[PDB]
Amino acid sequence: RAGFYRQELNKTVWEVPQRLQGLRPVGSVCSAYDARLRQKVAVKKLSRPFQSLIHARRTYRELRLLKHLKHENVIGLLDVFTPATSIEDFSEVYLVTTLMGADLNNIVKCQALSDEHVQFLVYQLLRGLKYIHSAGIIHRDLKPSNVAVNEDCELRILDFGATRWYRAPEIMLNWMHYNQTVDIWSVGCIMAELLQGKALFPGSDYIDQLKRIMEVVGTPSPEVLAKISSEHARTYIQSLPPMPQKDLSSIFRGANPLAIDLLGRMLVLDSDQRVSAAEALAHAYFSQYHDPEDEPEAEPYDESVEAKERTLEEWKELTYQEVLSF
Ligand SMILES: Cc1ccc(-n2nc(C(C)(C)C)cc2NC(=O)Nc2ccc(OCCN3CCOCC3)c3ccccc23)cc1
C-alpha cells in the first residue's frame with residue numbers, strides 16, 4: 001500500500017499502483033490506462049490465490065506460463081505485482097497485459113468476415129498454437145471467448161477460465177491420453193463458425209453435442225471408436241443410430257474450396273490423422289500469409305518444479321519470488 005490505492009469493483013477490493021487509472025470491469029478482470037506505460041492495459045486479479053493448494057498451483061502455473069511463452073499471437077505479461085510488502089501479507093496477485101480490444105465473438109456478431117479476413121485470423125491462431133504446442137502445452141479450452149482480436153485483426157490466444165461446442169470428442173469421451181491435436185479440433189469449430197457466422201455444433205447437452213458431431217463427421221469404426229474413448233464412454237456412441245459421413249462442400253456452400261479442404265483435415269474423429277498446427281500453416285489457404293521463417297517455435301516448458309508435492313507456504317514463497325523477479 002506504498003503508492004497503491006483501494007477501490008471496490010465486482011464488489012471486491014482492488015489494490016493497485018496509482019499508475020493504473022480508470023478500472024472498468026470487463027468480467028475479476030478490469031480495463032485501465034497505464035500512466036507510466038502510456039497505453040491501455042487489462043488487469044486480472046486472481047481469486048483468493050493461496051486459499052487452497054490447487055489455487056496456489058494454478059496461481060503459480062499461470063504466472064510461470066505467461067512469462068515463458070512470448071509470441072505475437074499469444075497473451076504476454078506487461079507487468080505483475082502485489083499489494084504486499086512481505087510474505088506474511090502476501091495474499092493477492094494481479095496480472096497485467098495490453099488491451100487487445102474484443103474477443104472473437106464480437107467480430108462475428110457485428111461483421112460477417114470475408115475469406116481474406118478469415119485466412120488471416122486462423123493463420124494467427126495456428127501460428128500462435130504452433131508456438132504453444134512446441135512448448136509442450138495444451139489449451140484444452142480453445143474457443144471464441146478465449147481469443148482476443150485487435151481492430152487491425154491482430155490475434156492473441158489466452159485462457160480466461162459453452163465449451164463443449166468447440167471441444168474435441170476424446171475429451172468428452174474421457175480418453176485420458178489425448179494429445180495436442182484436441183485444440184486443432186477446436187480451431188476447426190471456430191473457423192467453421194467464422195465462415196457460416198454461427199456455431200458448428202451448438203449441442204444443448206452432452207448427448208446432443210455428440211449427435212451433432214456424429215452427423216457431420218459421421219459414425220466412427222469400432223477400431224477408431226476404441227482409441228478415442230474409455231470402456232464406459234463407448235456405450236454413449238453405440239446407443240446412437242448409424243449415421244453416414246457428410247461432405248463438407250454441401251455444408252459450407254459457396255466457401256473457398258481450400259477452406260473446406262482444411263476443415264476436413266481438422267474435424268476428424270481420429271486424433272492421429274488430424275492436421276498439425278505446423279502442417280496446417282503450410283496449407284494453400286494460408287499461401288497469402290505463410291512464412292516458414294516467421295513462424296517460430298517456443299522453448300521447452302520445464303514442469304520439474306510443478307511436478308513435485310509441496311505445501312501452500314512453498315507455493316506461496318515460490319510465487320512471491322516469481323512475482324518480484326519479473
Ligand atoms: C490457472 C491458469 C493457468 C494458465 C492460464 N493461461 N494459459 C494461457 C495459455 C493457454 C495461452 C498458455 C494463458 C493463460 N492466462 C491468461 O490468458 N490470463 C488472462 C486471461 C484473460 C484476461 O483478460 C481477458 C479480458 N480482456 C480481453 C481483451 O484483451 C484484454 C483482456 C487476462 C488479463 C490480464 C492478464 C491475464 C489474463 C490461465 C489460468
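Residue numbers run from 1 in the order of the sequence given. Computed over heavy atoms, backbone and side chain alike; hydrogens, waters and symmetry mates excluded. Both counts, for ligands and for their atoms, begin at 1 and track the order of listing. So how was this one determined? The header says X-ray crystallography, 3.3 Å.
The PDB lists the drug found at ligand 1 under the name BIRB 796. Of the chains in this structure, the chief binding partner of BIRB 796 (ligand 1) is, as UniProt puts it, Mitogen-activated protein kinase 11. The largest share of chain A residues contacting BIRB 796 (ligand 1) lies in UniProt domain Protein kinase. Lab note: closest UniProt active-site residue in chain A to BIRB 796 (ligand 1), heavy-atom distance to 1 Å, was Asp141, 8 Å. In this PDB entry, the source organism listed for chain A is Homo sapiens. The deposited model shows no covalent link between BIRB 796 (ligand 1) and any chain.
Filtering the residues that UniProt lists as binding nilotinib in chain A by heavy-atom distance under 4.0 Å from BIRB 796 (ligand 1) yields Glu62.
The contact residues of BIRB 796 (ligand 1), taking heavy atoms under 4.0 Å, are given as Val29, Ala42, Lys44, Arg58, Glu62, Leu65, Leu66, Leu69, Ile75, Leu95, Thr97, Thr98, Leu99, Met100, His139, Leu158, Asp159, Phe160.
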